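For reference, the structure discussed in these notes is given below.
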2 protein chains.
Amino acid sequence: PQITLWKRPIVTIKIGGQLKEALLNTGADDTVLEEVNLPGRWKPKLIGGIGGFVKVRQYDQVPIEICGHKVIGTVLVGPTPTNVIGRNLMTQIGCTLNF
Amino acid sequence: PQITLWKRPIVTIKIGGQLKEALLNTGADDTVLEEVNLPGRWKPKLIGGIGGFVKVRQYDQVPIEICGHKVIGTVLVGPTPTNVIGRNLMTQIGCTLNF
Ligand SMILES: CC(C)CN(C[C@@H](O)[C@H](Cc1ccccc1)NC(=O)O[C@H]1CO[C@H]2OCC[C@H]21)S(=O)(=O)c1ccc(N)cc1
């Protein structure tokens, strides 16, 4: 599909068997989500943004459905005001910026 | 331009006759630049990012030039890790997300 940006590019995702929505974010290297329930082991990570640093759980190689296509990639889990799909997953469903 | 997201989608941008470069960010509604030499008065603004809320200087109706393409809008100045051009400006180039 071809999304414009007169409003937040928000789309459905499925994570942990659960239906959700997230902002398709080209700003960040990695994906972040609202506290959720997930597979296995995570690493501590510190991301930085606007408003300083925030502590996240790094779940590695996780299965997620974005817009209905399967992707396995890194999901960061932490206190994000909103769910954010990073470049890391966007490139696997052939997302590209068009202008 | 169809641009893939393996890298940061950094493009060239011109303000005040200053060449710099900025992230084509679809996760930011607003355009946020670290410093500019714009000549005078700015307006006090608050945006929230992922790590909290920050003071930033709002400039109305700035002529800016992205990839040669001259467009006009509101250019904040703020504590951003990376120059970010958000959707308010990306719509004026008719830029879209695509997959
Ligand atoms: C400036 C960015 C480099 C900061 N981030 C990406 C950015 O998309 C966030 C992502 C984002 C999206 C929605 C809500 C909060 C954060 N948005 C943001 O704060 O940008 C600001 C520009 O204008 C304002 O409009 C919305 C946010 C403000 S980030 O959220 O911190 C970020 C940091 C690390 C990762 N891995 C992924 C994302």
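Lettering: A, B, C, ... assigned in the same order as the sequence lines. Following the PDB entry, chain A residues are numbered 1-99, in order. The numbers used for chain B are those of the PDB entry, and the residues that appear cover 1-99, in sequence. Hydrogens, waters and symmetry mates are skipped; everything else that's a heavy atom, side chains included, is used. Order of appearance sets the numbers: ligands from 1, and atoms from 1 within every ligand.
- The chain sharing the greatest contact count with ligand 1 is, according to the PDB entry, HIV-1 protease.
- Among the options darunavir, macimorelin, ticagrelor, amikacin, the match for ligand 1 is darunavir.
- At a heavy-atom cut-off of 4.0 Å, other chains contacting darunavir: A, B.
- The PDB entry lists the organism for chain B as Human immunodeficiency virus 1.
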